[PDB]
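Entry overview - Acetylcholinesterase with succinylcholine in place.
The sequence lines fix the lettering, A, B, ..., with proteins before strands; numbering per chain opens at 1. Start at 1 and go down the list; that is how both ligands and their atoms are numbered. Heavy atoms only: backbone and side chains are in, while hydrogens, waters and symmetry mates are out.
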Amino acid sequence: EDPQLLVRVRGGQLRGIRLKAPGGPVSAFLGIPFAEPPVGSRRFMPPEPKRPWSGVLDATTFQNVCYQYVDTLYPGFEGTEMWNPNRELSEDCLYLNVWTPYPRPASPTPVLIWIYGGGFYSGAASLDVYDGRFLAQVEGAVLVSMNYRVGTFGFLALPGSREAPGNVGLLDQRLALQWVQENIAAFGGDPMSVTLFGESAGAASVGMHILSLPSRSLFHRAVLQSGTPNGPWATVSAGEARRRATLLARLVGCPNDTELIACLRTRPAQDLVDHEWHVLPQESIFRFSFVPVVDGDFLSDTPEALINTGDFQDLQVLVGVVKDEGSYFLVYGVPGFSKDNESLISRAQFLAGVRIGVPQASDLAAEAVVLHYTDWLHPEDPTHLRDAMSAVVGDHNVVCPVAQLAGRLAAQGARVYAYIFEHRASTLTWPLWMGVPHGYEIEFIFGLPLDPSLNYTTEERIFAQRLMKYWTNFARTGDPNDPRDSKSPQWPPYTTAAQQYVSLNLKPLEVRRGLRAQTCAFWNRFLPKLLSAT
Amino acid sequence: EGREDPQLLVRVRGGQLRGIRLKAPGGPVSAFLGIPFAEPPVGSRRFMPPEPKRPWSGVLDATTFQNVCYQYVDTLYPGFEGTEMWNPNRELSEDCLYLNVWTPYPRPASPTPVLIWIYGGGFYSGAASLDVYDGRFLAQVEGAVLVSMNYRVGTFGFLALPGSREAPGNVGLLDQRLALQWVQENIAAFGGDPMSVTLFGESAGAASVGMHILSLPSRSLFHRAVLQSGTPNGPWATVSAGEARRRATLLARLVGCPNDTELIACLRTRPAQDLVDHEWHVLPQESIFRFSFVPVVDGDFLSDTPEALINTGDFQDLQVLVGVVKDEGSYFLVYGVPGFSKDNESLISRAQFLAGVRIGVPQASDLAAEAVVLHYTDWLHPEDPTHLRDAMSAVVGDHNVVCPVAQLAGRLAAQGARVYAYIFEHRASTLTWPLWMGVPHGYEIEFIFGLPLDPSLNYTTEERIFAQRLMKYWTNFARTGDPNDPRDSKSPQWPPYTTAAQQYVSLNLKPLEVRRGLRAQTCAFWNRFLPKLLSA
Ligand SMILES: *[C@@H]1O[C@H](CO)[C@@H](O[C@@H]2O[C@H](CO)[C@@H](O)[C@H](O)[C@H]2NC(C)=O)[C@H](O)[C@H]1NC(C)=O
Ligand SMILES: C[N+](C)(C)CCOC(=O)CCC(=O)OCC[N+](C)(C)C
Ligand SMILES: C[N+](C)(C)CCOC(=O)CCC(=O)OCC[N+](C)(C)C
Ligand SMILES: *[C@@H]1O[C@H](CO)[C@@H](O)[C@H](O)[C@H]1NC(C)=O
Ligand SMILES: *[C@@H]1O[C@H](CO)[C@@H](O)[C@H](O)[C@H]1NC(C)=O
């Protein structure tokens, strides 16, 4: 019995496992329950706190993945399978993981809490890319990650109902946050220095915690990677959540809300997942059936309204995007695209793809997108059209929403730092045309290139080490720069005047100005004016 | 005759003429100035198509420029060469339908290509007699025969009660056409080749050239065309029958004139100046680069709209040269946009930019105007008064000239025409407008006509060489339909504009540089997006 691996938390005693990191050991406590299992009558309901337990709970292994859809577009392919569940699926999935230095930190250490992405329909904290050991060992950080409910289980809502109120996956995350405030000191973590970080739907999640008052006493800083609470996909209205929940119910033979929710609770988990992708209003990509709802509770108003009227004075945010945010999504619905060819498309296929990639756009608004993204010197060139399609989807769904948030936060007191991530992993199994796809910065921030068995280059290991420092410097101080340092390319704050951000690549930091400024003016200022007049 | 220079006596269809021996820097030229080509369009003839000039007895003196057609005279900046250089240099009269001819001295032995200049000035102003249109240098240096005609402007050329007999519209264009007919019948008397006539003009003059391309009866009267900083398509060069009628009727009321015959009859009783004094009061909006009396789509001279005609036309037999100056819009901003002045830097605010766009794009809805502001904003510096000033210039220039030209060039190329496109980017060293205005509308003309060759004018040596290059491109085009010299292979070549490659050349002090896409993205905005917005 190694006393470093034995911790007492409020609910009882835990035994962790000593893991090997490249430069030394780390203590890991995996599969710690933070809620009562949300099963049977507790499906669709807010999480309840975990009852205390007897003896010593075994926290040496990852727990089950929340019940979710599993991707089958390309069986066996690493590019898709690296995001699929790696533990058994279950509705009993509300557990969290903690990595700490070995021996445990002498003095209180900054805490980073990772919230995974996956469209609010998928994801798990057990995926290898989310491995906290490298950050623990190298940076001395305490790293925490939680499972939260996804799909119908986390986000099906009959708004105003007592028994399916909506947003329960966000309340799962909040309970884990509450757990960290109460327990993280036992691991050497500093509960007065918690940084949320996440990617895609996890970044949207982080933003929702910034915009929900109860969450704000549970952290101090935030990192939003490739995702925002504002934007086209991260929220639905109460009417539209009700519509989808009602249509899903109908699809599974169910059945007054009480009666409808009750019948849904009798259905096997897979029966719900079976009909998950039949409730969307259009043929679309980058669109997810069950997501956070503007309920007037967790979210007091729309994220747009909230970001425009918020006071962000004692907040620090790190935000950014990858170079090719849209590319990944094109192979999942747009005719002409595939990982297995160069996806050189016709102009006809481009016009069609815009209707799928901007599914809420009217005929005129779709036409304005096509005209803006056409290179009128090469209007029919298949490479330009393919790359333009990627751009439309990435800009609409991620870059322009990020730019808009960055600017509101900055304008309203927040200290903001922005980046574009431009390095394509040498190990990537997706084709060259997709570039630096959505999700492929995470492995560098988590420090996976430091594991020499993973076949990254020496430059990537050095690069990962740089990114780990920025993120953990930010966690420590709300500033990604070194306090004592190498020095003379400093990462400057993003402001609404200068609009400075940095390129994250194998070369030293480069400061640029304007995150797609002209194009995001199109999406953020023109298109809203268009369809609100028309 | 007897004691008189035998090289200056020529007979045309109407009778005998006496010209004048003028000095060009390189040697003498012959000029026959003030040749009547129509009956004076005065009295009962006002607003009516021109009648060909009846023959005269004796020898008509063709030694001086004749009267300028009655017109508005610019008052904005009195005594200032920037404005005065375009103002009338002879007395104003409705008796003004004269044309001018310049030829080598002695007149060429074998038939020479003819260039016909059609001046600009909004269809409300202009004269063939301005110094800037002086044909002596082209005649002397290139051996060209150059013709320039006066045509009626303002109400006198373009006021229309469409469908009427007494005021059918387009009569100023009919004046231009009669001159083209005159050249056909008569230019051989001067050594010009009637089977090789190339038109050219700037602004309204270029719109006019394009209307002759688009009008059947004019097509037999010339062989190649050159349109500088203007087009028949676009927002300002024509008006619908209904808008022409509305403007004519409003003007009539304003001068105290109530049946079209009765209305037009009463208009003919009014002093020419009364008409001029009210012509600016009939535009539908507060605007710039908009002109009250302009060609009308009558279903006669213009059988449909220029847009329809350029889209459905067969131009296989057409060789055309078209282009633009670097700063088409700057000039116009000082005649209407609050914030702008020739006497300061015109650093405007964002509020002044939005205001100006309403004036610069007068026919735009609120949504269209905001699309323009959003497109032209530098979102890295949205409040910077230097960019705002220059975006205001660009809006006006792109909407009214650059994108219509891009448009025309593409339709013509797509439909068989051999097209050559340029952008002119040299700012004359003698320009009196402020630097912020760049290379403004009309300031290439003096180089094409060769004024820098006159040492009394104080241009640089480099500017003289550059003028000689341009005169060669223009006359080579006139001669052959190709502005390149066949023997000179060392100089860089000017390639034709095509839809595939969209090539065009920069005209400046440096050798020709080929560029691709004449403002392709922005003109997609004006030519493809806004039209689709309009339908909704
Ligand atoms: C440059 O000169 C112009 C011409 O007078 C000035 O324009 C005026 O600006 C004021 C203040 O904004 C307005 O009230 C007027 O409407 C403008 N006059 C007109 C009719 O153009 C301009 O202010 C000058 N620039 C500076 C700062 O010296
Ligand atoms: C982003 N990530 C790297 C974390 C995981 C990749 O997941 C996707 O398949 C992206 C495409 C997608 O969202 O598909 C959902 C639609 N569906 C369910 C029909 C596949
Ligand atoms: C022939 N040129 C274009 C080289 C010079 C034209 O000069 C102008 O007046 C341009 C400004 C203008 O069109 O004035 C219109 C307003 N108005 C009529 C009141 C003077
Ligand atoms: C690329 O691959 C996809 C999938 O089979 C196919 O539908 C598409 O037409 C292909 N394109 C070309 C032109 O090879
Ligand atoms: C040109 O320069 C001369 C020589 O200094 C000067 O005296 C003359 O007035 C100038 N004329 C013009 C046209 O500017």
Curious which chain letters or ligand numbers map to succinylcholine here.
ligands 2 and 3
Neighbouring chains of succinylcholine (ligand 2), heavy-atom cut-off 4.0 Å:
A
What are the neighbouring residues of succinylcholine (ligand 2) within 4.0 Å, counting only heavy atoms?
A:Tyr69, A:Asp71, A:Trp83, A:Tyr121, A:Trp277, A:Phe288, A:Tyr328, A:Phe329, A:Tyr332, A:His438
Nearest protein heavy atom to atom 14 (O) of succinylcholine (ligand 2), by residue and atom, and its distance?
A:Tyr121 OH, 3.6 Å
Nearest neighbour in protein (non-hydrogen) for atom 11 (C) of succinylcholine (ligand 2):
A:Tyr332 CD1, 3.4 Å
State the atoms of succinylcholine (ligand 2), each with its element, that fall below the 4.0 Å cut-off from a heavy-atom position in A:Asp71.
9 (O), 20 (C)
Among all protein heavy atoms in this structure, tell me which lies nearest to atom 2 (N) of succinylcholine (ligand 2), with the distance rounded to 0.1 Å.
A:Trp83 CD2, 3.8 Å
What does the entry say the source organism of chain A is?
Mus musculus
Shortest protein contact, atom 8 (C) of succinylcholine (ligand 2) (heavy atom only)
A:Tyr328 CE2, 3.4 Å
Atoms in succinylcholine (ligand 2) flagged as close to A:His438, the criterion being non-hydrogen separation under 4.0 Å
1 (C), 3 (C)
So, looking at chain A, which UniProt active-site residue gets closest to succinylcholine (ligand 2)? And what's the heavy-atom distance, to 1 Å?
A:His438, 4 Å
Between A:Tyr69 and succinylcholine (ligand 2), is there a nitrogen or oxygen pair with a distance under 3.5 Å?
no
Short list, please: which atoms of succinylcholine (ligand 2) are under 4.0 Å from a heavy atom of A:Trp277?
18 (C)
Which atoms of succinylcholine (ligand 2) are found less than 4.0 Å from any heavy atom of A:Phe288?
13 (O)
